[PDB]
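We name chains A, B, ... by the order of the sequence lines, and we start the count at 1 in each one. Remember, it's 1-based here, ligands and their atoms both numbered in the order they're listed.
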Number of protein chains: 12
Amino acid sequence: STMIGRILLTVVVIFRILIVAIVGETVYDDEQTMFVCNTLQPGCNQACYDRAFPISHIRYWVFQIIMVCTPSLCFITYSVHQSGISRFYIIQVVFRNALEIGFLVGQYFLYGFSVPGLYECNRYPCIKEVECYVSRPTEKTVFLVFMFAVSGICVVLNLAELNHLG
Amino acid sequence: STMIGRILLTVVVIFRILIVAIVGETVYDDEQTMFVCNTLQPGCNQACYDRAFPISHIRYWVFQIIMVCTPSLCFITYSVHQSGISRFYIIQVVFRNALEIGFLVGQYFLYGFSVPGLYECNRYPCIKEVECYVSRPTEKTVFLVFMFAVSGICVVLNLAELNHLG
Amino acid sequence: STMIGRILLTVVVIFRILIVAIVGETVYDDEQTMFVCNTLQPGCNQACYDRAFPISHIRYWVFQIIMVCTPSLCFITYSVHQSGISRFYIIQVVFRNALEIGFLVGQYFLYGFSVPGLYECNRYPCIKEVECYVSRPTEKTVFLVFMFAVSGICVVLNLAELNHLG
Amino acid sequence: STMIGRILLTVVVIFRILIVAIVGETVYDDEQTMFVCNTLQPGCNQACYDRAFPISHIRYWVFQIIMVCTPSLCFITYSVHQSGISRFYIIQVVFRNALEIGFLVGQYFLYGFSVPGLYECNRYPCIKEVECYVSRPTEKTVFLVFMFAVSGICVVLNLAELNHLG
Amino acid sequence: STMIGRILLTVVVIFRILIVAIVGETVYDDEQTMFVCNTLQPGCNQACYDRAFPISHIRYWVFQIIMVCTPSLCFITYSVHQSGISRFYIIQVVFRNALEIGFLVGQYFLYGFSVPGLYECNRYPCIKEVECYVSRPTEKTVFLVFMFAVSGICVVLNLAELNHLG
Amino acid sequence: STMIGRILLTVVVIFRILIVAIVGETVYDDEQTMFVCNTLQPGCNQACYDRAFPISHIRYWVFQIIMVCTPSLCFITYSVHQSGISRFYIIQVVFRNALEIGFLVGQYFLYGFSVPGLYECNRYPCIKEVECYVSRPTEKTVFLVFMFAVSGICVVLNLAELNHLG
Amino acid sequence: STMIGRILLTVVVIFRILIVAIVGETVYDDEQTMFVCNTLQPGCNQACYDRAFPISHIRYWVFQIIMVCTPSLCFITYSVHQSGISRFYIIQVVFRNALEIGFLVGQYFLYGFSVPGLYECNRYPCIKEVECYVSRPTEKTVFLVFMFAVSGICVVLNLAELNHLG
Amino acid sequence: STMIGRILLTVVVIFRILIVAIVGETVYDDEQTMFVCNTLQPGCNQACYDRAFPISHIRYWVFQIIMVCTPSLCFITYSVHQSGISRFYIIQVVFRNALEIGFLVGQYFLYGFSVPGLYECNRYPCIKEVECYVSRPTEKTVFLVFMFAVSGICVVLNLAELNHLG
Amino acid sequence: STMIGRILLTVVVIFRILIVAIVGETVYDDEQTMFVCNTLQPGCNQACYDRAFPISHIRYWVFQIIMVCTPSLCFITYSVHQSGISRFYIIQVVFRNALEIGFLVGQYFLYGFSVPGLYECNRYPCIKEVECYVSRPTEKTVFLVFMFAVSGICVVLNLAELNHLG
Amino acid sequence: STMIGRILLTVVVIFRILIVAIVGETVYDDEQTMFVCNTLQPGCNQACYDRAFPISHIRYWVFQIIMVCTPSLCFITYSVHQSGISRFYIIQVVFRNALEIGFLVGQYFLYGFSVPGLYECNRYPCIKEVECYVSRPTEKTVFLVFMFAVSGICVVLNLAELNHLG
Amino acid sequence: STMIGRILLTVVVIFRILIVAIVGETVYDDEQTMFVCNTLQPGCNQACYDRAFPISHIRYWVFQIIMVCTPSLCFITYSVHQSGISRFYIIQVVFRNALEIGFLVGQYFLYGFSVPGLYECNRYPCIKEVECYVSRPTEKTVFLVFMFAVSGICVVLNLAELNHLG
Amino acid sequence: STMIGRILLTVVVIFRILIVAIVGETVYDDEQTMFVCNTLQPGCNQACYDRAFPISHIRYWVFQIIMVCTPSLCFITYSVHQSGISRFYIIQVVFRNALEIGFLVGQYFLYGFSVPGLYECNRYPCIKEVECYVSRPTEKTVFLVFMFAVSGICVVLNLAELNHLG
Ligand SMILES: O[C@H](c1cc(C(F)(F)F)nc2c(C(F)(F)F)cccc12)[C@@H]1CCCCN1
Ligand SMILES: O[C@H](c1cc(C(F)(F)F)nc2c(C(F)(F)F)cccc12)[C@@H]1CCCCN1
C-alpha cells in the first residue's frame, strides 16, 4: 500500500511538470496584445490590464513548481557532501507538506475558480468606469481547474505518507 | 501473428508523435490573429473566437498523447523500484484500452469531421447575429481526418492484443 | 556497380533531408501575411488564400519524408526484437518503391511545375471574380523543380536495386 | 553549523539562477512596445523611455550573476593548472563578499523598491512636461522585491562563513 | 609546404561555415518587410521585390556550403562500408575543384559586387516605371565582398593541392 | 607572476564571450523598427538608418571574437596532425597580438565612445536636411565602453606575456 | 363670424409658409451625413438610409404648400383674362377642401407621429439585420407635430366656410 | 411719457430682430460637427447630442419672434378688409402681453442662464456614463443673457402701456 | 373650352418651373460624394460614376425649360421692335409643339422610368467587373415620374390648341 | 469748418460699414477648423479654443456698428411720429459720444493690439500646459489696427462737433 | 431679312448668358477636390492639376461674355453724355466682329474639342511619369461643344449684318 | 479728345469692378485647404502659409477699389448738402491721382509679377527648412498681370485729364 504511493507521487509530479512546460507558455502569449477596452483615453488599457491580471498564472505555477522541489535538492546535496539521515527525511517530508498546502491555499485566494470574459475598471487615467474584454477565457478556466485537481491529489498523497510514517 | 502486432503498435505510436511534434504547432499559430468578423463593435471578435474554438485541436492532441503513455511509465517505475508482474501487465493493458477509447469518443463529440469556413455568432457584446471568417479550414480538416484514422488503427491493435491474451 | 548504388542512395536521402530541414521553413513563413487581393470585402483574403493554397508545400514534403522512412524503422525494430530476414528485405524494398512512386505522382497532380504570380478567385464572400497577388513565386518555383529532380533520382536508384536482386 | 551553510549557499545560488533564467526574460519582452506618452510630437516616446529606463533590470541581473561566479572559475582554473591553496581560498572568499555587497548597494541606488505606473518627462524634443504610462508595473515591483530578498540572504551567509574562518 | 595546406584548408572551411551560421540569418530577416515602393497600386511591392531579389543571398550560400561537402561524405561512407582508395581520393579532389569553380562563377553572374539602394521596376500591375528602396544595402555589400574573398582563397588552395599530387 | 597571467587571460576571454553571447543580441533587436525621422517622404528612413549605422556593433563584435581565436585552432589542428613546436608558439603569439591591436584601433575609428540620441541626415531621397531619433542610446553607450575596457585588458596581458618570453 | 374667418385663414397660411421657409431647410441639411450603421460592409449605409427615409419631410411639405395654392392662381389668371364668377368661387373652394384633406391623410399614412432614434434594416448588401442611428430625432418629432396641428386648423376653417355658403 | 414708450418699443423690437438675423445663424452652424464624446461605441455621439440639445436656441428664438408679431398682422389685415376698432386694440394689447410673458418663462425653464462645457450622458447605446465636450460655450452664454435682458425690457414696456390705458 | 386651355397651360408651366427651381437643386447635391464602389483601385469611382450618370437630370431639365420658352421671347422682341402677326403666332405654336415632343422623347431614351440602387461597371482602370452603390434612388425615381407626367400634360394641351386653330 | 465735418463723418461711417460687411466675414470663417493643439487628449482643442477666443472680433464689431446707429433711428422715429427738437439733437449727440468712447475702450481692454501665433493653455481636460497654433494671425492683426484707427477718427470728429455747438 | 437678324442676335446672346449663369458654376465646383493621381509623393496632385487645367473653362467664358458687351456700353455712355453717331455705329460693329473671332479662335487653341479621362504628368516633384484621373469628362465635353456652336452662330450673324451695311 | 476720355475712364472702372466681383472670390476659396508641406510637425502648415501669404490678393484689391471711389462720394455728398465747386473738382482730381499711384506702387512692392509653385520656409515650429506646395499658381499669375495692366491704364488716363485742365 505504501509501495505504490511513491510510484504514483513521482508519476503525478512528472505529469504536472510536462503539462506546464510543453503547452502552457503559448496560451498566455497574447494576453495583453488582445486585451481591449472601450475608450479613447491613452493609457487606460495599461492600467486596466495591470489591475485585472497582477501576476500571470504561468509565472505563479513555475514559481510553485520550482519551490516544491527544493527539499529534495537539499537532501541530495547533503548526501553528496556526506561522501542522522532519518531526521533529514522526516524534516523534508514535513516541509514539503507545508509548502504544498500553502501554495494551494494561495492559488485559491489569488485566482478563484473561473476567468470571466468582461472586466469593470475604475483606475486613473480612465474616466469613471469602463468595460474591457478578455482573451481566451474558457481555455484559461479549464487550465485553472486542471491545476487545482492535480495539486489536490499531491496534497492527499503527501498526507498519506506522513501518516504512514507517523 | 502476435509478434508483428507489437512492432506495428510501436511504429504507429512513434509516427503519430512525430507528425504532431514537427508540423502541427505551426498550422495553428495564426488562429486568432487572422480571425475576423463583419462588425464595428469592440470586443465582438474575442467573444466569437472564444465561442467558435473553446479548446484548440493541438492542445487536445498533446494532452491525449501524454495521457496515453502513463501506464508504461508506471510499469517502468515499478520495475525499477523492484530492483506479480503479470498482474501489472494485464491491468496496464486494460487501462490503455479504456483511455484510448475514451479519447477517441471525446474527439468525435468535441469536433466532428470538418472545419467550416463561416461561423454565425450571437454572443454579447455583438448585436444580434454576425458573420465571421476562419483561417485555413481545409488544412485543419485534413489534419482532423488523419488523426482520427491513426487513433482508430491504435484502438484496433490494442483490442487485437487484449483478445490475444484473453 | 551494386556497391556504389547503396552509397549514393544514402547520400541522396541525407542531402534531401538537410535541404528541407535547414532552409525551407523560412521561405514559406510569410505566405499568408503577404497575400493580398484587390477588394474592400471583409473575409475575401481568407477564402482566396485557402482556395489557392490548400496544403502548403512544406507540409507535404515533411509528410513524404517521414512516410518513406517507415519500412527501415520496421526492419530495425524487428531485428532488435529478434535479439526469414531475407523475406523482410524483399518486402520492405517493394514497399519503399511503391511509396516513392505514389508520392512523386501525387506531387505532380497537386502542384504541377510552376507557381504563378497572379490568382483569379470566385469564392464567397467575394463579389464576382477578383485578382490576388502571391509572395515569392520565383523562389518557390525553383524549390519545386529541385525537389522533383531529387525524387526522380531516388526513384531511378530504387528501381535499379529492385532489378539487381530480381 | 558550518556544514549546512555550504549546502544552503549552493541551493540559494541555484534557485536564483533558475528564477532569472526561466521566466524573467519574458516579463520585459514588451517593455518599449507598450510604452506610450500623451503627445503628437515625433521622437518623444524614444527620449522618455530612454530617460525612464536607462538600463533594464534583466541586463543588470544577468551581469551581476555572471560577475559573482568569477572567483570560483579562477580557483578551478588554478587547481586544474596545478595538475598555497589556502591563501587562494581566503582571497576568493574576501572577493566574493566585496562583490556581492557592491552589487546589492548598486541595485538599491539604481532602482529603489518600486516601479510606478506614471512617469513625468521633460526631455527634448518634448514640449514642456508630458505624461507617460508604464507596462506591467506590479509584476516588476514583485520581481524587484524578490531579488533584493535573495541577495540579502546570500550576503548574510557569506558574512557567516567569513566570520567562521576568521 | 603541402603539410600546412591541409590545415589552412580545414581552418578556412570552418571559418566560412561559422560566419554564415551565426550572423547571416539575421541581416536578411527583414528583407521584404522593409522594402517599399512609391505607389498606390495594390500588388506592386510584391512584383518588384520578386524581380529585384529572385533568390536571396543566404539561400544560395547555404546551398553552396552543403553541396561542396558531399564528396567527403561519399568517401567516408565508402570507407565505412569497406569495413582502389587512391582512385577515390583523386576523383573526389577533381570533383571538389570543379564544384567550387562553378559556384564562384555563378555567384559573380547572379549578384555582381554591390547592392544598390534604389531599384527601377516596370512589372505588372505597376503602371509604367516606379522607384523602390532597399533595406541595409551597405552591410549586404560588405557580406558579398567577404564571401567572394573567402571562396577565392579556397579555390587557390585546392588548385595548389591538385598540382601538388599531379 | 607569469603563472597567473595565463589564468586571467583565459578568464577574461570567457567572460567577454559570455557577455556578448547571452544579452547582446536582444538590445539591438529593435534597432531599425524604432528608428524614426520627421518627414513625409517615402524611403527616407531607410537611407538615413543605413547612413547612421552602416555595420551594427554586434556584427563587428562577433566577427572580432571569431577572428581572434583562429591561431589557437591552427595550433590545435597542427598538433593533432602531428599525432618546431616552439616556433609555432612564438608565431601564434605574435599574430594574436597584432590582430587584437588592429581590432581595437578599428573599433575606435568606426564608433568612437558614445551613441547620440539625434542624427542629422542629408541623403537622397530626403529633401535638404532632416532630423531622426535613435532607440536606446544610453544602454548602447554603456555596452561600447564596457567592450573597450575588456579589449584593453586583453591587449595589456598579451603584451605582458610577449615581453615575458622575449 | 364669417368676417374673421377669412382673416384667420390668411394669417394661418402665411404663418405656415414663414415657418417652413425660414428654419426648416437647416434642420434636415445633415440628414444623411450623420446617419451611421454598425457594419463593415460597403454600401449598407446608402441602402438603409434610403429605406428609412424614402421622401424627406421638407420635400413633402414644400410640394403640399405649392399645390394648395393653385386654385387661387387659377382664379386670378381667369379674372385677369376677363379684363359666372360665383361658379368659379364655389368650385375653387370645393377643390381646396379636397386637396387639404388628401394631403393631411397622406402625411399621417407616410410618417405617423414620431421619429425614433434607432432603425432596423435588412436590405442587400447588408448581411442579416443591422442597427442604425438617426440624427436629431426630437426636433424632427416636434416639427412633425406642429405641422399636423397647423394643417388641422386649416381643414377646420375651410369646412367652416364651406358650410357657411352651403 | 406715453409718447416715448411707443418709440422705444419699436426700437427695441427692431434691434432684437437685427441681432438675431445677422449674426446668430453662424455661431450655431458647427454645433454638432464639433461635439465629441470619449468613447469607441458607434451611435453614442448622436444620442448624447440629442439629449443635451433637444431644441437649438436659434430655432426657439426665431419661433418666438414670429409668434409675437401675429396680432399686429391680424389688426392690419382687419383694417385693410374694412376698406369697434378700439376693442381690437385692447384685445391685441392683452394678447401680446400674454404671449411675451409665456415665452420668457418658457425660455427660463428650457435653458436656464448658462451653457456648461461638459455634459454627462447615460443613454443607449452608450455603456454606463460617458463624458462629452461642447463647442463655444462662453459665446452661447453671452447670447443667452443678452436675449433674456432684451425680452425683459419688452415685458416691462408692454405692462407700462397696458396700465397706461387701463 | 378654348378659353380655359390658355389658363391651364400657363398654370402648368409655372408649376413646373417652381418645382424645379425650389427643391431639385438639393436632391442632387451629394450625387458623387456619396457614390461608392467595392474596390481598392485609384480612379475607379470617377470612371464608374461618369459612365452611370453622363448628364445629370437637373441639367437636362433646366436646359429643356429654357429652350421651350424661346419662341415667346422671340415673339415679344418682334412686337417690341414693331413699336403678319398671325403668321408669327402660327409658326411659334408649331415650333413649341415640335420642341416639346422632341424633349419628351429624348428624356425617355436617355433615362427611362426608374433609377436602380446597384450599377455594374467594366471601365478602365477597374479590373474586370465591379459593383457600385447609388445615393437616394427612390426620391430620384419619384422625381422622374412626376416630370414625365407634367410634360405629357403640356404636350396634350398644345396639341389641343393646335387642332383648335387648325 | 463745421460744414465739412458732417460730410466726413458720414463718409467715415459708410466706409467702416462697407469694409466690415464685404470682406470681414470670410477671414474668420475657418477660425476653429484650422485651430490645432499638440496633444492626444479628446476635448482639449475645444477648451483651448474657447479660452483663447471667447468672443470673435467680427461679432463684437457687428454689435458695435448696430448699437452706434440707434440714436439716429430714435430721432427719425420721433420726427416721423410728430407728423423741443433741439433738445433731442443735443441729447442724441451726447449719447453717441458716450457710446463710441465706451466701445473703443472696451475693444482695447478685450483684444489689445496684436494676435500672436502661439497660445499656452492649461484648462481641463488638458494635462498640465499644452501649446496651440493659430490661423491667419497677421491678417487679423492688420484688421485690428485698421478698425482702431477708424474708430479713433470717429471719436475725434464727434468731439469736434460737440465743442462746436457747446 | 435684316429685320429678323437683330431679333435673333439678341435672343442668342441672352440664351448664352442664361446657360452660363444658371448651371455652369456647379459642374466645375468639385474640379480639384475629385482630381486624383496614383502616387505617394506630397505635392504631386497640385502640380499635375495645375498643368492639366491652367485656366478653367468657366473663367474663360465669363471673361469672354463680359468683354464682348463693352462696345454697347461705350455707345450707351456716349449717347447719354450727348444729352457722328453713324460713325460710332460702324466702328462698334467692326470691333464686335473682331473680338468675337479672336475669342473663338483662342478657345479652339486653348481647349480643342474634348476632355479626356486620363492625363499623363511629368512635373516636379513627381518622379518620372504618373497617371491621373479626371472628374466629369463627358459633361464637360458636351458643354465645350455647345459653347462652340453658339459662338459660331453669333459670328455668322455679325458677318451677315456687316455685309448688310457694307 | 477730352470728351472720350471720361467715357473710357468710366468704362474701365466698371470693367475692373465686374471682373473682381464676379469671379475672383472663387479662385482663392481653397487657398489654405490645399496648401501642404512635407513634414510631420504639428503647426508647421499654419506658420508657413501665414509667412507665404500675409494678405491675400483679393482683400487688397477690394480695399483698393473701395478707397479709390471715396472722393466721388465726398463730392456727391457736398453737392447734395448744397441743395467753390471748381476748387472741389480740382482737389478731388488731385487726390484720385495720388491714391491710384500709391496703390499701384504698393501692389508692385507687395507681390511682384508672378506666383511660384514652391515655397521654402524656416519658421518655428518647423525644424530647419521645409518645402511647401501652392495651389493654382498659373491662374493667380494671370490675374496679377491683368490687374496691373488695368490699373496702369487708369493711371495714364487720370494723368491725361490732369494735364488737360492744368
Ligand atoms: O539554425 C541555423 C543553422 C543551423 C544549421 C545546422 F542545423 F545544420 F547546424 N546550419 C546552418 C547553416 C549551415 F550552413 F547549414 F551550417 C547556415 C545558417 C544557419 C544554420 C543557425 C545556426 C547557428 C545559430 C543561428 N541559427
Ligand atoms: O458678394 C460679393 C461682392 C459683393 C459686393 C457688393 F455687395 F458690394 F456689391 N461687392 C463685391 C466686390 C466689390 F469690389 F466691393 F464690389 C468685390 C468682390 C465681391 C463683392 C460678390 C459679388 C458678385 C457676385 C459674387 N459675390
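The drug that appears at ligand 1 goes by the name (11R,12S)-mefloquine. Of the chains in this structure, the chief binding partner of (11R,12S)-mefloquine (ligand 1) is, as the PDB entry puts it, Gap junction delta-2 protein.
Within the structure, the other chains placing a heavy atom under 4.0 Å from (11R,12S)-mefloquine (ligand 1) are, by letter, C, E. The residues lying within 4.0 Å of (11R,12S)-mefloquine (ligand 1), counted on heavy atoms, are C:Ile22, E:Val20, E:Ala21, E:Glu25, E:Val62, E:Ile65. Nearest non-hydrogen protein atom to atom 4 (C) of (11R,12S)-mefloquine (ligand 1) is C:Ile22 CG2, 4.8 Å.
The nearest protein heavy atom to atom 6 (C) of (11R,12S)-mefloquine (ligand 1) is not closer than 4.0 Å.
At the top of the distance list for atom 1 (O) of (11R,12S)-mefloquine (ligand 1), counting protein heavy atoms only, stands E:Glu25 OE1, 4.3 Å. UniProt transmembrane segments of chain E, counted from the N terminus, having a heavy atom less than 4.0 Å from (11R,12S)-mefloquine (ligand 1): 1, 2. For atom 26 (N) of (11R,12S)-mefloquine (ligand 1), the nearest protein heavy atom lies closer than 4.0 Å. Scanning all protein heavy atoms for the shortest distance to atom 23 (C) of (11R,12S)-mefloquine (ligand 1) gives E:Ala21 O, 2.9 Å. The protein atom (non-hydrogen) at minimum distance from atom 16 (F) of (11R,12S)-mefloquine (ligand 1) is E:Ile17 CG2, 4.2 Å. Of all protein heavy atoms, the one closest to atom 14 (F) of (11R,12S)-mefloquine (ligand 1) is E:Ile65 CG2, 3.9 Å.
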Kindly print each (11R,12S)-mefloquine (ligand 1) N/O atom paired with any protein N/O atom under 3.5 angstrom away, one pair per line, or none if nothing qualifies.
{"unit_1": "(11R,12S)-mefloquine (ligand 1)", "atom_1": "26 (N)", "unit_2": "E:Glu25", "atom_2": "OE1", "d": "3.2"}

